[PDB]
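Record below includes zoledronic acid.
The chains are labelled alphabetically, A first, in the order the sequence lines are listed. Chain A is numbered as in the PDB entry; the shown residues are, in order, 27-46, 49-367. Residue numbering for chain B follows the PDB entry; the residues present correspond to positions 27-46, 49-367, in that order. One-based numbering, in listed order, for ligands and for the atoms of each.
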Protein chains: 2
Amino acid sequence: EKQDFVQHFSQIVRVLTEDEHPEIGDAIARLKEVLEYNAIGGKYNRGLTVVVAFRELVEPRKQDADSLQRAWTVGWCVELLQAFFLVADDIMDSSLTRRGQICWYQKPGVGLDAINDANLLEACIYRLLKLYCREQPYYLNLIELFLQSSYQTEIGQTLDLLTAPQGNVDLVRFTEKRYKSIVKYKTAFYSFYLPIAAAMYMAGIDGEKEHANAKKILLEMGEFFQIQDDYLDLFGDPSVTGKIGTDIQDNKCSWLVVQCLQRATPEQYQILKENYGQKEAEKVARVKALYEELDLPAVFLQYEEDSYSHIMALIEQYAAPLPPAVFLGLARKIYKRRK
Amino acid sequence: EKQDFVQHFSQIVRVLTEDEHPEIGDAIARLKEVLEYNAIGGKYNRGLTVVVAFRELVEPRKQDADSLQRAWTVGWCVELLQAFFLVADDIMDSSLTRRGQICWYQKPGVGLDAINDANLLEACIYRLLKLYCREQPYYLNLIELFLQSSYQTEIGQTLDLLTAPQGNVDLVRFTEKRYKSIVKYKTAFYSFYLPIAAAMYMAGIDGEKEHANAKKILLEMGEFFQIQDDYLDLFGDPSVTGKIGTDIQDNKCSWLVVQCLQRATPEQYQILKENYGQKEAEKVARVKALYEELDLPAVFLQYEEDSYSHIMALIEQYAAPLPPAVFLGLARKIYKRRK
Ligand SMILES: O=P(O)(O)C(O)(Cn1ccnc1)P(=O)(O)O
Ligand SMILES: O=P(O)(O)C(O)(Cn1ccnc1)P(=O)(O)O
Ligand SMILES: C=C(C)CCOP(=O)(O)OP(=O)(O)O
Ligand SMILES: C=C(C)CCOP(=O)(O)OP(=O)(O)O
Ligand SMILES: [Mg+2]
Ligand SMILES: [Mg+2]
Ligand SMILES: [Mg+2]
Ligand SMILES: [Mg+2]
Ligand SMILES: [Mg+2]
Ligand SMILES: [Mg+2]
């Protein structure tokens, strides 16, 4: 599956490049370079979800070459939405590596020009949708869906950054209630809801109950995925995950610190206060010792088992009339992941 | 005109704020703050152009309250597109002030979080269009128009930044041919074409000849406007323009350097080579002395007279069947501007 999906990328590149106006040639070469560094190297769960789900929702005799091509292309549109966000995210989080190579903005010669690079990747979504789905009854649905997903994710990031000021203590806002909102908005909508929802619209499924039902399962699945992400920031292998963690030094409202705070003694509270949110490596080292000392890896492994069971109960409840396989495929893909 | 337009801004703010989900309250407060700092303080030529042109194209008996409200709102959508771009632009150009206050990203407490702030402003466009024009026959036209304008402007910025590497000499690419492309894409489409084109679509004017004709006049008018902008970077009053210039130190392909290069002796060429594109204040001072020594202020004042006459000749040719007043209003607004 992955190999077929991933191999469509050069057609994606070729169409967006074929826009040679030989005056903008140099900016089009620059965009090619940006697509290849930034869109390649991840898992492709989002883009493959668009494709798998489409096949599962459309009768095979209606899966002609042109409509499967549209499915691949909308999958790559979710991959570009992702790239757009990660490139910007890496800048704002002072990150070092992404997908096992240095973050694009750290490339000598690139710098904060990557800000325009990220906006350019976002624009490619709508060019792709124009070029392949313009004459489709779902065209506007997809456009409004991508735009709403972008907005939601920018709201969430806004709350991610607010709650994590450089230079200021902020343990008072690290609550479960707060964590849930941030992750709903910054991750769950675009990573889980958007890809399945894209495929539904392409299969002709636009009912509000049907979309709201898919949303019940998929938002929960997004919360879970971000929680895993927060655990891997501190406790994952950067050669495996492809990325160096920064949450503690960026003062972030990570699942870990939330859980630390509800378990911590007043003296433990103080350790976190003196040590969290700062670049000093020995202060980070202390926070991690507090985490390991409170058995948060075990706390997480139990949360991961329970959350998973609740997700499977939501599928039993809300999957119909869609095949459970649609959601089971994704769930089983992200469960117990170390990457 | 301006006062009525500018006074609609709190309804704009109130609708985008009314999205209180009291969980995202803090990100919505943050967005309000971002609208006020970044959308206010300029000339409003773009947003007022949407409004003036709409009134001039729609029979008065059809200018009801709801449709004028839609016109104001689409005008503010062009103002937000502008804000989005300037905030990002100021970061990538290492600028200090904007509209007579420090650039948003230089505000203590803000920093590169302004990258998400800019994306959030862009998203507001599409929320506004959804909220006010969803049930209008021009809705998709406006959406595709805003998205295409964004893409064009990102292509141009891409070429602006490429041609202006930090650390590297690049006088060999500072050609008229190159300058024209960069400014077509980075300025002319969104600042001139987009606002009039928005108003046409809202008046029911979607013919391709009619849009292409408006484009002939308006792109030329955009080139002219960027040329003025480049002159004011070096030769304008920062208390008037509201912004400190950075072109020479950012190594930019400004109208001035292009014109310098076609007039320069080989020894003058060398002065520019040793001095252009660097932060050192005495090197910038030398470049400006080379400019004044070649009479480029006078070269510009003559270009400004000639270009203007050619623009007025294009209006005579291509304005019909639209009123010439539509384009004359804009032209006369930007001509001989010191701000
Ligand atoms: O931890 P984050 O929220 O920043 C992250 O997961 C990215 N992201 C961005 C939006 N939602 C998630 P990453 O760890 O890749 O840096
Ligand atoms: O000179 P620039 O192109 O950067 C500028 O005009 C902004 N801009 C951005 C896109 N087109 C123009 P500003 O002088 O405001 O910094
Ligand atoms: C939302 C989060 C946690 C950001 C990373 O998403 P992935 O972990 O799916 O990253 P890639 O496969 O796209 O590299
Ligand atoms: C395209 C350019 C030259 C950037 C600034 O546009 P304006 O000079 O119209 O700035 P504001 O009135 O929006 O402040
Ligand atoms: Mg982040
Ligand atoms: Mg991050
Ligand atoms: Mg993370
Ligand atoms: Mg610039
Ligand atoms: Mg600039
Ligand atoms: Mg300028």
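The parts of the structure that belong to zoledronic acid are ligands 1 and 2. For zoledronic acid (ligand 1), the chief contact partner in this model is given in UniProt as Farnesyl pyrophosphate synthase. Heavy-atom contacts below 4.0 Å between zoledronic acid (ligand 1) and other chains occur for A. For zoledronic acid (ligand 1), the polar-atom distance check against A/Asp188 finds no nitrogen or oxygen pair separated by under 3.5 Å.
The dimethylallyl diphosphate-binding residues of chain A named by UniProt that have a heavy atom under 4.0 Å from zoledronic acid (ligand 1) are exactly: A/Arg126, A/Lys214, A/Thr215, A/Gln254, A/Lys271. Here the heavy atom of the protein found nearest to atom 14 (O) of zoledronic acid (ligand 1) is A/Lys271 NZ, 2.9 Å. Residue contact check: A/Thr215 has heavy atoms under 4.0 Å from atoms 11 (N), 12 (C) of zoledronic acid (ligand 1). Of the polar atoms of A/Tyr218, none of the N or O atoms is found under 3.5 Å from an N or O of zoledronic acid (ligand 1), judged by distance alone. Using a 4.0 Å cut-off to heavy atoms of A/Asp121, the atoms of zoledronic acid (ligand 1) that qualify are 4 (O). The proximity of A/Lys280 to zoledronic acid (ligand 1), defined as any non-hydrogen pair under 4.0 Å, does not occur for either the backbone or the side chain. Heavy-atom separations between A/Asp117 and zoledronic acid (ligand 1) include at least one value shorter than 4.0 Å.
On a distance-only criterion, A/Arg126 and zoledronic acid (ligand 1) share at least one N/O pair closer than 3.5 Å. Heavy-atom contacts of A/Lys214 reach the following atoms of zoledronic acid (ligand 1): 3 (O), 10 (C), 11 (N) (cutoff under 4.0 Å).
Close contacts of zoledronic acid (ligand 1) with A/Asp257, meaning ligand atoms under 4.0 Å from a residue heavy atom, involve 1 (O), 2 (P), 5 (C), 6 (O), 14 (O). The shortest N/O to N/O separation between A/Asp258 and zoledronic acid (ligand 1) does not fall below 3.5 Å. Measured on heavy atoms with a 4.0 Å cut-off, the binding site of zoledronic acid (ligand 1) is A/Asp117, A/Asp121, A/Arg126, A/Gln185, A/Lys214, A/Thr215, A/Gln254, A/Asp257, A/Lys271.
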